[PDB]
Engineer: 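Here is a structure with itraconazole.
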Amino acid sequence: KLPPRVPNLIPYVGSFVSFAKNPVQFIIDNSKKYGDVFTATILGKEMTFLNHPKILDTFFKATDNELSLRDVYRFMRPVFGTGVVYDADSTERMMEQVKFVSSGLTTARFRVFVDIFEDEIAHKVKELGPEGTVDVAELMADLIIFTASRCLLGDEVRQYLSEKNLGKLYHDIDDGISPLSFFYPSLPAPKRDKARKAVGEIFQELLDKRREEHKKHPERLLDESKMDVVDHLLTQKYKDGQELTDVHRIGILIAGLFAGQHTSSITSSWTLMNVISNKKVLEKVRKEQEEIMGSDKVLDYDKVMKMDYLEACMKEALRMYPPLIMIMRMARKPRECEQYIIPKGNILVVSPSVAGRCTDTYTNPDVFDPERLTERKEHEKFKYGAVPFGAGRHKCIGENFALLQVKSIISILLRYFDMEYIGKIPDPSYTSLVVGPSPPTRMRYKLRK
Ligand SMILES: CC[C@@H](C)n1ncn(-c2ccc(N3CCN(c4ccc(OC[C@H]5CO[C@](Cn6cncn6)(c6ccc(Cl)cc6Cl)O5)cc4)CC3)cc2)c1=O
Ligand code: HEM
């Protein structure tokens, strides 16, 4: 029959109160009370939490007409645009749009991306000076505003960042998104909407400029190392032959930059903080860096590919502090799952955060210990033991890029600076859509040369 329910405090509002304090602890606590599968009413939504790695196969392998992403992420529509990604007309169109982004994240482009990271950090160290303190979360976000923009949109975007305040507009859009929007998509957000329109106009100009550049240098279209997401969007069609609209192109770019920015800056923050706060971990990270760099003075893709330990540090941060704490679908048909049938209309929930603390999987899960991965391989105990990037048909297409951007940034910063964190590593703050550390996050830095 139906899964057990978390008793409602009120009707309607149901369990929103305990949930919103800490959605992660909410799931953990109620797992203990009611088991692997339970349902809670939250601001009117029937939400069925799947809480053990063992049972996640049917979630991640279901087709979109059984478990819909579009029904649950559609709320993003005012940020991304009408008709884009989870507001696409069909599952099929969404997948095609996702592929246009993934198509600018090729190995050829990755080699160029490393140079971009070097370039932006070099600009940034001018601001920072020989020593000081800086907010880690801001520093990463500020770096990734410039790096992700150039990576995805091309270098032509940088003059907008430097001269037309594009970075501020991103913030206006992105602080205009409340996690509550998940429940009340219609929440007015007029500042967000003004900024989104401004970025829209700028990205329209970027497209128009690229068009005529594709006139004066069609060779660009033949060079895989110079082809970015703007170029792919300007030269592709859907499979059935239908052309893209510039409105669609703008929305896809914005969606891509969104995805491309937060989850990464938050991960780089938690990673750097944990690395510089643990002497043994920092020693190993630096030993690895010194061996890989050899006599070489800057980064390249091949070097980054060898940074196995640093990559484990990032994965360990993702186990502990995955920035998307909930993965969701709406059931369009009833769904079995253990003894239970989950009713049509329920929202199924999987939590990367819960998974990362599960004890069937990880020993002392509150400790940041990259060696649980490299040596004890604890993640491999279950097929879905670690799902920071999701899994199955909708698994994150930006992974390897994430890994690249975060590893590069951390590696370059280490090369530049000795760094120590000020205070305890914070707790996560559940106030935002993408979850990051509670401010403030400060660190002391000093130049190494
Ligand atoms: C705020 C105070 C108090 C009232 N409160 N306290 C806590 N909460 C709360 C928190 C969180 C949540 N939620 C609901 C929203 N949520 C969430 C919803 C959708 C979602 O979508 C994942 C999809 C959609 O966007 C992306 C994100 N992404 C992928 N890679 C990097 N980011 C995505 C995929 C593709 C593209 Cl192109 C763009 C985007 Cl953004 O994947 C992620 C999280 C987290 C839990 C609800 C309430 C509160 O309301
Ligand atoms: C550490 C950084 C990142 C984390 C933790 C992360 C996490 C995720 C997760 C969990 C999903 C699955 C969502 C779901 O199935 O409901 C996902 C999907 C996706 N991610 Fe990421 N992501 C990261 C970086 C990126 C980057 C950098 C991009 C683009 C540049 C990106 C683009 C996407 C896209 C397009 C999807 C949708 C796949 C689909 O629906 O088919 N992500 N991501």
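Position 1 is the first residue of the sequence, and the numbers go up from there. Below, all heavy atoms of this structure are taken into account, side chains as well, without hydrogens, waters or symmetry copies. We count ligands from 1, going down the list as the structure has it; atoms in each ligand are counted the same way. The header says X-ray crystallography, 2.6 Å.
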Engineer: Which ligand or chain identifiers match itraconazole, all copies included?
Structural biologist: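 Copies included, the answer is ligand 1.
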Engineer: So, counting contacts under 4.5 Å, which chain has the most with itraconazole? Name it the way the PDB entry does.
Structural biologist: Protein CYP51
Engineer: So which heavy atom in the protein is nearest atom 1 (C) of itraconazole, and how far is it from that ligand atom?
Structural biologist: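 For atom 1 (C) of itraconazole, the nearest protein heavy atom is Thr431 O, 3.9 Å.
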Engineer: Atoms of itraconazole less than 4.0 Å from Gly256 heavy atoms?
Structural biologist: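 Selected atoms, number and element: 37 (Cl).
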Engineer: Quick one: look up the protein heavy atom nearest atom 7 (C) of itraconazole and list residue, atom name and how far away it is.
Structural biologist: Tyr430 O, 3.0 Å
Engineer: Can you tell me which residue and heavy atom of the protein come closest to atom 11 (C) of itraconazole, and the distance to 0.1 Å?
Structural biologist: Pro179 CB, 3.4 Å
Engineer: Between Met328 and itraconazole, which residue portion shows a heavy-atom distance shorter than 4.0 Å: side chain, backbone, both, or neither?
Structural biologist: side chain
Engineer: Per the PDB, what organism is listed as the origin of chain A?
Structural biologist: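 The entry gives Naegleria fowleri.
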Engineer: Given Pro323, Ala259, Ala255, which one has a non-hydrogen atom that is nearest to atom 30 (N) of itraconazole?
Structural biologist: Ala259
Engineer: Can you tell me if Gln97 contacts itraconazole (heavy atom of the residue under 4.0 Å from the ligand)?
Structural biologist: no
Engineer: If you have a sec, work out which protein heavy atom is nearest atom 22 (C) of itraconazole and how many Å separate them, to one decimal?
Structural biologist: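 That would be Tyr73 CZ, 3.6 Å.
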Engineer: Quick one: nearest non-hydrogen protein atom to atom 24 (C) of itraconazole, plus distance?
Structural biologist: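 Going atom by atom, the protein heavy atom closest to atom 24 (C) of itraconazole ends up being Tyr86 CE1, 3.6 Å.
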Engineer: Flag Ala20 as yes when one of its N or O atoms lies below 3.5 Å from any N or O atom of itraconazole, and as no otherwise.
Structural biologist: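 Looking only at distances, the answer is yes, because the N/O contact criterion of under 3.5 Å is met.
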Engineer: Which residue and atom name correspond to the protein heavy atom nearest atom 29 (C) of itraconazole, and how close is it?
Structural biologist: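 So the nearest neighbour among protein heavy atoms is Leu324 CD1, 3.9 Å.
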Engineer: Suppose we measure from atom 16 (N) of itraconazole to each protein heavy atom; which comes out shortest, and what is that distance?
Structural biologist: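 Minimum-distance protein heavy atom for atom 16 (N) of itraconazole reads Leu433 CD1, 3.9 Å.
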Engineer: Among all the protein's non-hydrogen atoms, which is closest to atom 13 (N) of itraconazole, and how far away is it?
Structural biologist: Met326 SD, 4.3 Å
Engineer: Determine whether the side chain, the backbone, both or neither of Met76 has a heavy atom under 4.0 Å from any heavy atom of itraconazole.
Structural biologist: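 Only the side chain of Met76 comes within reach of itraconazole.
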Engineer: What is the residue list for the binding site of itraconazole, using non-hydrogen contacts under 4.0 Å?
Structural biologist: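 By heavy-atom distance, those residues are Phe16, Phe19, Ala20, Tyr73, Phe75, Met76, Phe80, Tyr86, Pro179, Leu180, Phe182, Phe183, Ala255, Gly256, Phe258, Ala259, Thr263, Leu324, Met326, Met328, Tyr430, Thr431, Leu433.
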